[PDB]
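The alphabet sets the chain names here, A first, running in the order the sequence lines are given. Note that chain A is numbered according to the PDB entry, with residues 1-301 shown in order. Note that chain B is numbered according to the PDB entry, with residues 1-301 shown in order. Every number for a ligand or one of its atoms is a count from 1 in the order of the listing. Side chains included, hydrogens not; waters and symmetry mates left out as well; all remaining heavy atoms used.
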There are 2 protein chains.
Amino acid sequence: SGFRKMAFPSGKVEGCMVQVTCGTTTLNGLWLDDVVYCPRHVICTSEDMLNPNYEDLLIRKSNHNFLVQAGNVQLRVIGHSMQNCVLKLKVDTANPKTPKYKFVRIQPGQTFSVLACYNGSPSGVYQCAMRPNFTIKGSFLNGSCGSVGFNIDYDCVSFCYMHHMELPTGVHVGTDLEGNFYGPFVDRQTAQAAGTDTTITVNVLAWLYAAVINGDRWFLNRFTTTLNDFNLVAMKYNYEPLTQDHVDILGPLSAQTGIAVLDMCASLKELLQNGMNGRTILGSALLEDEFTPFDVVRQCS
Amino acid sequence: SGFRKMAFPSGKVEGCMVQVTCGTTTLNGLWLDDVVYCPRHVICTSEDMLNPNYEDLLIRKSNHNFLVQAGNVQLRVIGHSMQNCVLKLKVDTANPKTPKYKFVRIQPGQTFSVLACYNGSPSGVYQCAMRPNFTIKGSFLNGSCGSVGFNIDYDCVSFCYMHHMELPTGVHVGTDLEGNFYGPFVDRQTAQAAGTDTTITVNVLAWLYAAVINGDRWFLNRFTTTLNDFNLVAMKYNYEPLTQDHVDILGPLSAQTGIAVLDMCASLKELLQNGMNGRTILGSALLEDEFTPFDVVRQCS
Ligand SMILES: *C(=N)[C@H](C[C@@H]1CCNC1=O)NC(=O)[C@@H]1[C@@H]2[C@H](CN1C(=O)[C@@H](NC(=O)C(F)(F)F)C(C)(C)C)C2(C)C
Ligand SMILES: *C(=N)[C@H](C[C@@H]1CCNC1=O)NC(=O)[C@@H]1[C@@H]2[C@H](CN1C(=O)[C@@H](NC(=O)C(F)(F)F)C(C)(C)C)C2(C)C
């Protein structure tokens, strides 16, 4: 019993973290096989960052300009190329600690574990959700770029995120491991804004099943609702429309607890219009949308 | 920028997790050098657990009765002994992945990272605080016993906790890595109760410094207070007395932000008597006491 914001065991990813230094700039890199992946603003000076021309900056660099360090060992760079906003540095040594891996592009609403690094040294691990406006509510200081977001399926590490920037609102933005940003952001030091964020409805309902599995069941009411009547009520609260695909994903939890998805929508509909009346759910006073149905099935089954 | 409940990178501990099976019972073990540490109720049947005599159960066992598995490899047990509520099994192979380590007894109020395991396989990592009533608010299913709590000082793993039980209230109890329970609990399946829990005052103030470092500063008032006048007001809210030792520990944060500890106590005193008036601090609607001053200095400096 018990429900906690859990992160994946980061050990497989720790063995891949390297420190990439170019000129005076130092950030983190992901060393998988004979290639190191890192944000392309490692080739920037502080003056360059206000408006950089990464293609112009990179042509002026050679393999020896990049200082890659794996612990105390310096890895000799034998090739370099840029894929969108990521820089790939081929090295003479393949990582013996390289786990089984794939590079995926997560969808908004899905979660991942962030392994926060500084100087190629992991410092901490925490769980994040890719918001519908394509930002994450992380905790990143200077030098944290190149810290990656990942999920673990038994023995396979699916890397889905690489840290690049922090917005004026405090939220964090980054790319997939192919260099493509999540959201309409560019890697230049200029004022940038994220779109309107919405509440991930399927995650709130999944978190309500986790609450029932844990004995918190005061919000359970006797009514049912239609998917259409739930979406009209939830619309004014900035809740994304719950689709049939979301109802299908909620199946395993609904089968386990014996509470139909549409009966749980009627419970949430009351919580939306009437509030919590000073009560808490799973210790929290606010409804939570950062736990996906799979994250709930992971701990509560 | 950003403030998150962060856990230590669990990689060093993952390389120490083994699966200990005796008879039909299977739980986790911590393999450091040539010794495996595990809860002593691995030698119990389900009937034995209501009221066990572990000394009587263990004398009936020999080295071959214990099945220790490190991945696919079975470790041959060449010795066994019981230290309080932990069982130590000497093995013929010393763990090549054993990190630099020490065994510590944490104080109430301090935090640690829990690496949750099942069948000797790590499944997740999360941060816990040892409550003043000696319980933790974890998330443990069946077979999670032997999952350890730890802190990492650069390269040294200080193991401070091992999971044993879940109380009727939902909270979790365990021993240090010497077999001594935290709190007045016994490892038998009987109704057990934890004492009255209190609010860790020094952690609330540390979390208020993290909030100011992050731009959340609406609660900052113009007043100061004495340590004595703060403790009298906080007493009725079930806040533990803030001692001079706590004020000294809060020094680094107070120096960094430029807010005196006694000025932050006056801000908290207002929050205690007047409430939050519908406002949140660091996104939370309730005051938080699970982040120690060192946890704040870790991310916010
Ligand atoms: C990479 N190590 C840092 C991580 C930053 C440090 C503070 N928290 C973070 O997320 N990334 C940067 O410093 C990038 C980098 C130049 C500027 N920058 C930013 O994240 C800036 N933000 C933006 O420009 C904005 F608003 F568009 F997102 C900064 C003002 C420093 C927070 C480049 C090349 C984009
Ligand atoms: C070890 N793998 C489990 C972990 C349990 C499983 C559910 N969540 C947990 O923390 N530990 C046990 O099953 C121990 C074990 C017998 C009973 N037990 C308990 O934790 C029970 N609780 C208590 O007896 C109580 F209330 F005193 F804490 C249980 C009712 C199963 C939750 C022994 C030997 C104590």
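Counting heavy-atom pairs under 4.5 Å, the chain with the largest count for ligand 1 is, by its name in UniProt, 3C-like proteinase nsp5. Drug at ligand 1: nirmatrelvir (bound form). Other chains with any heavy atom closer than 4.0 Å to nirmatrelvir (bound form, ligand 1): A. Counting atoms of nirmatrelvir (bound form, ligand 1) from 1 in the listed order, those under 4.0 Å from a heavy atom of A/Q192 are 27 (F). Protein heavy atom in closest approach to atom 7 (C) of nirmatrelvir (bound form, ligand 1): A/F140 O, 3.7 Å. Here a covalent bond joins nirmatrelvir (bound form, ligand 1) to A/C145 SG. Rounded to 1 Å, the minimal heavy-atom contact between nirmatrelvir (bound form, ligand 1) and the UniProt active-site residues of chain A is with A/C145, 2 Å. Of all protein heavy atoms, the one closest to atom 12 (C) of nirmatrelvir (bound form, ligand 1) is A/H164 O, 3.7 Å. Mapped onto UniProt domains, the residues of chain A touching nirmatrelvir (bound form, ligand 1) mostly lie in Peptidase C30.
In this structure, atom 4 (C) of nirmatrelvir (bound form, ligand 1) lies nearest to the protein heavy atom A/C145 SG, 3.5 Å. Looking from atom 17 (C) of nirmatrelvir (bound form, ligand 1) to the surrounding protein, the closest heavy atom is A/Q189 OE1, 3.7 Å. Nirmatrelvir (bound form, ligand 1) has A/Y54 within reach: a non-hydrogen atom of the residue lies less than 4.0 Å from it. For A/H163, every heavy-atom contact with nirmatrelvir (bound form, ligand 1) shorter than 4.0 Å involves the side chain, none the backbone.
Counting heavy atoms under 4.0 Å from nirmatrelvir (bound form, ligand 1), residue A/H172 touches it through the side chain alone.
The proximity of A/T190 to nirmatrelvir (bound form, ligand 1), defined as any non-hydrogen pair under 4.0 Å, is limited to the backbone.
Taking atom 19 (C) of nirmatrelvir (bound form, ligand 1) as the reference point, the nearest protein heavy-atom neighbour is A/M165 CG, 3.6 Å. In terms of protein heavy-atom proximity, atom 21 (C) of nirmatrelvir (bound form, ligand 1) is nearest to A/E166 O, 3.9 Å. With respect to atom 13 (O) of nirmatrelvir (bound form, ligand 1), the closest heavy atom belonging to the protein is A/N142 ND2, 4.5 Å.
Atom 5 (C) of nirmatrelvir (bound form, ligand 1) has A/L141 O, 4.1 Å as its closest protein atom, hydrogens excluded (heavy atom only). The deposit credits the origin of chain A to Severe acute respiratory syndrome coronavirus 2. By chain and number, the binding site of nirmatrelvir (bound form, ligand 1) at a non-hydrogen cut-off of 4.0 Å is A/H41, A/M49, A/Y54, A/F140, A/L141, A/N142, A/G143, A/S144, A/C145, A/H163, A/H164, A/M165, A/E166, A/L167, A/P168, A/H172, A/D187, A/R188, A/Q189, A/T190, A/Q192.
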